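Here's Sorcin with doxorubicin bound to it.
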There are 2 protein chains.
Amino acid sequence: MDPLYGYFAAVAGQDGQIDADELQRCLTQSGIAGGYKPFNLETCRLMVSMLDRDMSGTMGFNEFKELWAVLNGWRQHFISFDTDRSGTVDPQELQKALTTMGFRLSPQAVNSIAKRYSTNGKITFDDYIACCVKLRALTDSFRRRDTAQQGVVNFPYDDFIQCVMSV
Amino acid sequence: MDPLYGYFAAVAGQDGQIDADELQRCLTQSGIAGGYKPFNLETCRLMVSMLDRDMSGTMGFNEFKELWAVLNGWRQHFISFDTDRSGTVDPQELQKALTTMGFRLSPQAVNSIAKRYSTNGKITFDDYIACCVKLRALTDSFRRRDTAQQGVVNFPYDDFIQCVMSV
Ligand SMILES: COc1cccc2c1C(=O)c1c(O)c3c(c(O)c1C2=O)C[C@@](O)(C(=O)CO)C[C@@H]3O[C@H]1C[C@H](N)[C@H](O)[C@H](C)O1
Ligand SMILES: [Mg+2]
Ligand SMILES: [Mg+2]
Ligand SMILES: [Mg+2]
Ligand SMILES: [Mg+2]
Ligand SMILES: [Mg+2]
């Protein structure tokens, strides 16, 4: 028996599967939230999107074990940039946190990411994770259309929507 | 002159310019929502960044006027398929609604949208807008970069991300 099984277990027992609504309950039950403002649902939608890989709208347990790790990894990397444990982070001190944990972008590119997600000036922990989660799946999408291994991908119109809207 | 000024006037004189928290209000104040539930703020950042080239987190009244009209039209098509007055519409009903209002999307593409934005087999009115919103701002970005005029645009990894994280 894995410890993370139980949180996942009690929510949606038979399918062996959880959607965003099911996912949200069991994350914050297990305290990956970890003191901070517990994950709201439209964040959890992306997490599901990221990891289903079949358009199921759901992810099973070993897909769930995988997630908990990524969010722990990212949770601590947040706590570095807000050791006061307020909830928040200013956009510029966020700017570095973005660059650090990998696969990063230029000072001109990074701003775009902190411009959009800046909620009343500050950035929330929920906004932070939700940004990471959105990008990971965008990298992982870009990856799989970049069969050439270049870092430059041709996008048709219908393909570009079909891609971007799924995440 | 214009009846839409009062609703807008009430919400902000930041300059003569509103944010999402304000926009949310004046929409529901104007009752474009129209029986259905107020457009929630998760949607109403899209509505800013859709018509915000200058990354301010703001739109103005003349931009607003565009928005309200697009919605008044979009809303109408929804209410074709929702003679219920329910706030819910099936993902076939959605697929056809996307066609009739002028989107060049394939069988495979709208499937991949409809799948995503559905949650228990039907789509909320709020969701249908945020789907429709997202389309029209991503296609405006694709046509912004398609001065190739081909139906194909080519994307660096640092450009592809900074495109999709703005919306
Ligand atoms: C999210 O991860 C990825 C997933 C799939 C493909 C990619 C990447 C990726 O991160 C990536 C890069 O970070 C870089 C490049 C790249 O092609 C990719 C991917 O293709 C080259 C680069 O010049 C580009 O601007 C083009 O994207 C800059 C950068 O170079 C970095 C990493 C290079 N491998 C090399 O070590 C160079 C010296 O620094
Ligand atoms: Mg799955
Ligand atoms: Mg701080
Ligand atoms: Mg305000
Ligand atoms: Mg503007
Ligand atoms: Mg119906």
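Chain letters follow the order of the sequence lines: the first is A, the second B, and so on. Chain A is numbered as in the PDB entry; shown residues: 32-198, in order. Numbers in chain B come straight from the PDB entry, and the residues shown are 32-198, in order. In each ligand, atom 1 is the first atom listed, and ligand 1 is the first ligand listed. Per the header of the entry, the method used was X-ray crystallography, 3.7 Å. Quick note: numbers below take in every heavy atom, side chains included, and nothing from hydrogens, waters or symmetry partners.
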What parts of this PDB structure belong to doxorubicin?
ligand 1
*asked:* Help me out: which other chains have heavy atoms closer than 4.0 Å to doxorubicin?
replied: A, B
